[PDB]
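Check out this one - N-phosphonacetyl-L-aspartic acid stuck to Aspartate carbamoyltransferase catalytic subunit.
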Amino acid sequence: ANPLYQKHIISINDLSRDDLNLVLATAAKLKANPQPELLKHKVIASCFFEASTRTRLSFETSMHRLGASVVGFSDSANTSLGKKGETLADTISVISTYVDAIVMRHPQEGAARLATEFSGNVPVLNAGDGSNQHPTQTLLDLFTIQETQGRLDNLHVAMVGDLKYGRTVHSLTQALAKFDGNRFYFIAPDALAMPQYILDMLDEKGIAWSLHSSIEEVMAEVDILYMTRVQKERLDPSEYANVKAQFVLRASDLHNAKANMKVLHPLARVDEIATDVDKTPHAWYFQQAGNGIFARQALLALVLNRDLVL
Amino acid sequence: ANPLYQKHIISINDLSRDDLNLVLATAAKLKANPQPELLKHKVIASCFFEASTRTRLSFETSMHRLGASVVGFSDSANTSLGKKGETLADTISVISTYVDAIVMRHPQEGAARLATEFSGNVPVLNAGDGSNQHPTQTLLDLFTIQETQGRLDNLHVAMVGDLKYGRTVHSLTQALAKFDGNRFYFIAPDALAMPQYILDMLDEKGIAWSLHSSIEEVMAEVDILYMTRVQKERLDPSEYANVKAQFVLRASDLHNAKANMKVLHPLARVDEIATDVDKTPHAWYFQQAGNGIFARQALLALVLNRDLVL
Amino acid sequence: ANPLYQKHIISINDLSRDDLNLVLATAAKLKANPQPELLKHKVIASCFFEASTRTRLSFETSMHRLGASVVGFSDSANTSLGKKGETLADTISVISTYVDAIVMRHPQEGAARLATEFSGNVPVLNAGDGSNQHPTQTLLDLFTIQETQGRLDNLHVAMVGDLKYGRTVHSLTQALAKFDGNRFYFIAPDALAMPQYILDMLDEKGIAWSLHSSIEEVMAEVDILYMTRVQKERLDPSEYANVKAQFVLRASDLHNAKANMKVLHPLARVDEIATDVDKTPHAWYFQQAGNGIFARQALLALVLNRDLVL
Amino acid sequence: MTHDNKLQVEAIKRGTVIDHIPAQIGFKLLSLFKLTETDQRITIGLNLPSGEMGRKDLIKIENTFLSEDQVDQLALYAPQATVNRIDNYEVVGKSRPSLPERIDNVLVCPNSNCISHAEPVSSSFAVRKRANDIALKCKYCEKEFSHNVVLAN
Amino acid sequence: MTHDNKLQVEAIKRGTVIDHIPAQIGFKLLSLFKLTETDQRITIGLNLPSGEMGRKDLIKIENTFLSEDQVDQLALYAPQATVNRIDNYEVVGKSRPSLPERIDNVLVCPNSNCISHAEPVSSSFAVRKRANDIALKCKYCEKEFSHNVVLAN
Ligand SMILES: O=C(O)C[C@H](NC(=O)CP(=O)(O)O)C(=O)O
Ligand SMILES: O=C(O)C[C@H](NC(=O)CP(=O)(O)O)C(=O)O
Ligand SMILES: O=C(O)C[C@H](NC(=O)CP(=O)(O)O)C(=O)O
Ligand SMILES: [Zn+2]
Ligand SMILES: [Zn+2]
């Protein structure tokens, strides 16, 4: 069996560098060499208890690009959880008796983890649990960084926006700390700073990171500029003060940037990246999204397939 | 052609013992011998006008496990019925011109029946019509009882909870009256008792049944303990008095039970079965749910397939 | 000063038989010879945090009929208590420093009593505190009964309707259990039974009472048929079964009614008293209503005027 | 004041001593009347067997005195229990609970719609020997509940 | 056999004798580890003196011995506490506590949005002796907290 055969993809903190590398190398191969029947006869539940367009559609598109079938719900209001008051534990139980793998996005943290406990031998994939983790987002991110910068080592990554409730930036740092030579620039409004638990690990790891009041300062110094959206749906009312993107990117500030730097964003983008940025050769949020296709295809092939010759 | 070729599965009152037996024998065969292409090229509409997780996902999972395609809506709010005020008759008409079979769950009783009248030659399957019937639930139930008790004759079945609005227990009694030697223990709060029409038939049939104020009395005497959920969504306000499970099962009361008795439940379960019951070798609600897979697969193969060698 | 001078009228359990006698006497006295300047120069608060038509308007008219001034609110929707988060205690704290007396109806049992702990020296009149007491309603009922039966001792009183939340039956009953010879008949649905504390009390004073399934069982031997509304607004949602009237006094059932027998009802009435009863000589509810002016004028003259108004 | 089954060390000069608290009741009374909320030396002995009362409870509380009222508060749990007055190692005078007329604070009115819960006012219940049990009446809402349902803090 | 002095403690044949409980942490451990279930003698010394440590609580339950993870559970609530296992009036087992790797089902995650509150599961926390503020990690939300934040009592 391969390293991630039948394994749950709950959190980046649970995967290893090699694990990550196996996904990307695989993804690379699927990207240039299709496998229409690889998941034939598999039935995958796409269970989203929270909004989605990219994460759900990319994932289901992948299921299909591999000959797999998809059963699911895009609204927990029509289930028997949101009507008859069933517990999630019971929902994960009955469903794990029908399908081969469960993809799940939930409003609260620990939701994916909890499912692994009631899903028997069915691998659970975390499409996002609250503001904890978003692993597949990071797999697609690592691939985009790798294919544009040719390395996941010694990079200069700046993360901007809501770093507290951003599940995407939690999964991305823990990932990039697995590699060597990465330096992190953290740019966020104080009420939305990077959690301490993530920083403690950067320190334990011996990793250089700094705080900044604007991109202007690190702009002509970054390789990756990871932009994020204020997690409005999660802010406490006392935080409502920050619901307006405090640090916005225009084509103008991209003037002294390294002619190789790319601007990434998990999207959707509220008003943090002005449209003019879209035409600069730096904007890479739409190609990035496109990559979710190959990243998730690889993850699905690995979790459900033992040996895989490609 | 086989007995249930192109037939509508509207109510247990319309099927016969042999009919039921053909489903289970078939189900048994599909359970141990897959048929990936049996329904290839068929397109099945999964029309749910009411909440669901098990019934809809199991059914669609089955459609897929047979190579069939599924088109459908899990919310009648986005249709043209719940927006443009179209009648169900017109909805069943146009849809019967696209698909091969229609699976339907509706808020009101007689909804499935009515569709048979506007669906032309398209077989309609009742995923539940109000609080009338829920036939497929009974097929999956009969199979679970049969595979655990080795017989559908001379059993001791106790039914608990909302027996009035419970469509599952209406379909199950009419079924178990088709067999011989079954004795029914009915345990329900008076405002939610078993309808008289069902009892009249038990009498006409010459079947022994009794009323009880608690499981305690029949506990060390039952083979099957069918638990049910108070149909909250259906209770009239005058009945709101009963929205709390009046008879709840804990591991403790399973002490003198027959070491062969199983506890079934259509789910979702509100608070009528304490979790500790889940670890006793009596709890069989999750394996039961798992069976919906093989029961419905069999029903679909039979209704859409003429001859079927297995 | 007279007995009731500057005292709080919170509950009928606090007043003595003699005190009731002083009110009905002064009431009759005041009915005969109006005294338009008796409270000339006073300012009284009409504070109602709960719906009311008779109690309020009549209390307010009374105040006007003696030269008193009035200030207050019909509903808390626009009091700082309501929009600015403010305790009832602080509300009464500040208000007791402006007016000479406070009249209040509140949705929670014990509000008036509370008031008597921050009103300083300014007296408090309980116009109805939840399902507890409605002390002035009693003064009016008594004044009326005595007006039509000639006495208050050795009577037969049938109480129909909601005795559980019916604050008028709580006060009234503790009032009639202070005279002698009054035998009671309680006619109410089990869930809205007369509270235990009133029955312990009846038993205590050796008073006799008896339950019945219908008015028929008392119709020919009751002098007072006190009919009541079902406290729809207070009912636990678990008791909605009794929302509509279980006993409807139709004019016909007054067919074997004692001659002096009158029908009383504090109002408002819903469907418990058919409109044709409005034409039988027993019907005295509106005469009842009109009496409120006298019992209420009586009470305010006794609490705000040192010497018995003659 | 001599006592010996197993040699020990258990004496005090001043203070109070609630003796005869029926089994288990000793812990409850600990929280209810907050006898533990002091820097003063306390010595509890849950389940310590003694005499025909056998299993009892005992709370030697150093340099602390309760009032007539205070001791009466105990009647609702430890009636036969008897507060004993210590001081100078001398037993000043054996007290004992007697049914108090009113239970101020501690209790919480079971009625959900009672003004007490909302407003900043100390509870208060009229205590009363009702037939077999002990009925309680809320000062405020005027509802009477059997002592076996009314809660506290 | 022996007799630890300075002040008055109690006689015990066999059983666990927890000593060095910090101030007022007695009434707590009494319920946090539900010690009051044991129908066996339970001595308890509150606010007793102790050298440079002054007042200290002390619980004593003859014929009862702390369950496995109890001492570990007794680390977060009383670091300096000491467990003495007795038998034949002897200290046959002196034991000091170590903070374990994880605390199961007793603690309650501070993250309101943590799925543990809603769903039926035993809360589990990773224990990281982060310098001096015990770090607590939620097995579910992966969040981390200062031990005291998690430790209300
Ligand atoms: O929501 C964000 O802005 C970040 C991130 N976005 C996505 O995953 C994209 P989507 O919500 O379209 O699936 C997320 O965590 O949901
Ligand atoms: O709802 C119930 O409790 C009984 C029964 N339950 C089911 O069919 C399961 P579901 O609602 O998940 O499809 C039903 O009639 O819907
Ligand atoms: O409302 C009732 O049913 C009886 C009674 N009604 C009245 O006193 C008359 P009003 O409610 O118009 O002031 C009350 O309890 O408030
Ligand atoms: Zn009260
Ligand atoms: Zn948590």
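Naming convention: chains lettered A, B, ... in sequence-line order (proteins, then strands); numbering from 1 in each chain. Excerpt of entry shown; contacts counted in excerpt. Read the numbers this way: they start at 1 and go in the same order the structure lists the ligands and their atoms. What you see below is based on every heavy atom in this structure, not just the backbone, and it leaves out hydrogens, waters and symmetry mates.
Counting repeats, the structure shows N-phosphonacetyl-L-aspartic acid at ligands 1, 2 and 3.
Other chains in heavy-atom range of N-phosphonacetyl-L-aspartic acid (ligand 2) (under 4.0 Å): A, B. Scanning the protein heavy atoms around atom 8 (O) of N-phosphonacetyl-L-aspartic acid (ligand 2), the nearest turns out to be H134(B) NE2, 2.9 Å. Proximity of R269(B) to N-phosphonacetyl-L-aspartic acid (ligand 2) is not established, as no heavy-atom distance is less than 4.0 Å.
Distance from atom 3 (O) of N-phosphonacetyl-L-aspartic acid (ligand 2) to its nearest protein heavy atom, with residue and atom name: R229(B) NE, 2.9 Å. The distance from N-phosphonacetyl-L-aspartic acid (ligand 2) to the heavy atoms of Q137(B) drops below 4.0 Å at these ligand atoms: 8 (O). Closest to atom 15 (O) of N-phosphonacetyl-L-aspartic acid (ligand 2), if we only count protein heavy atoms, is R167(B) NE, 2.9 Å. Around atom 10 (P) of N-phosphonacetyl-L-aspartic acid (ligand 2), the closest heavy atom drawn from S58(B), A127(B), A51(B), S80(A) belongs to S80(A). Residues flagged by UniProt as binding L-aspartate in chain B that sit under 4.0 Å from N-phosphonacetyl-L-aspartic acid (ligand 2) (heavy atoms): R167(B), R229(B).
Counting heavy atoms closer than 4.0 Å to N-phosphonacetyl-L-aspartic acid (ligand 2), residue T168(B) contributes side-chain atoms (C-beta onward) but none from N, CA, C or O. In terms of protein heavy atoms, atom 6 (N) of N-phosphonacetyl-L-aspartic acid (ligand 2) is closest to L267(B) O, 2.8 Å. The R105(B) neighbourhood of N-phosphonacetyl-L-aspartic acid (ligand 2) comprises atoms 8 (O), 10 (P), 11 (O), 13 (O), 16 (O), with distances under 4.0 Å to a heavy atom of that residue. With hydrogens left out, the protein atom closest to atom 12 (O) of N-phosphonacetyl-L-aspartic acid (ligand 2) is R54(B) NH2, 2.5 Å, a heavy atom. In terms of protein heavy-atom proximity, atom 11 (O) of N-phosphonacetyl-L-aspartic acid (ligand 2) is nearest to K84(A) NZ, 2.7 Å. For the ligand labelled N-phosphonacetyl-L-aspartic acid (ligand 2), residue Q231(B) lies inside the 4.0 Å heavy-atom shell. Lab note: ligands/ions < 4.0 Å from N-phosphonacetyl-L-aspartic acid (ligand 2) = none found. Defined by non-hydrogen atoms within 4.0 Å, the binding site of N-phosphonacetyl-L-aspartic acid (ligand 2) is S80(A), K84(A), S52(B), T53(B), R54(B), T55(B), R105(B), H134(B), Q137(B), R167(B), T168(B), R229(B), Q231(B), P266(B), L267(B), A268(B).
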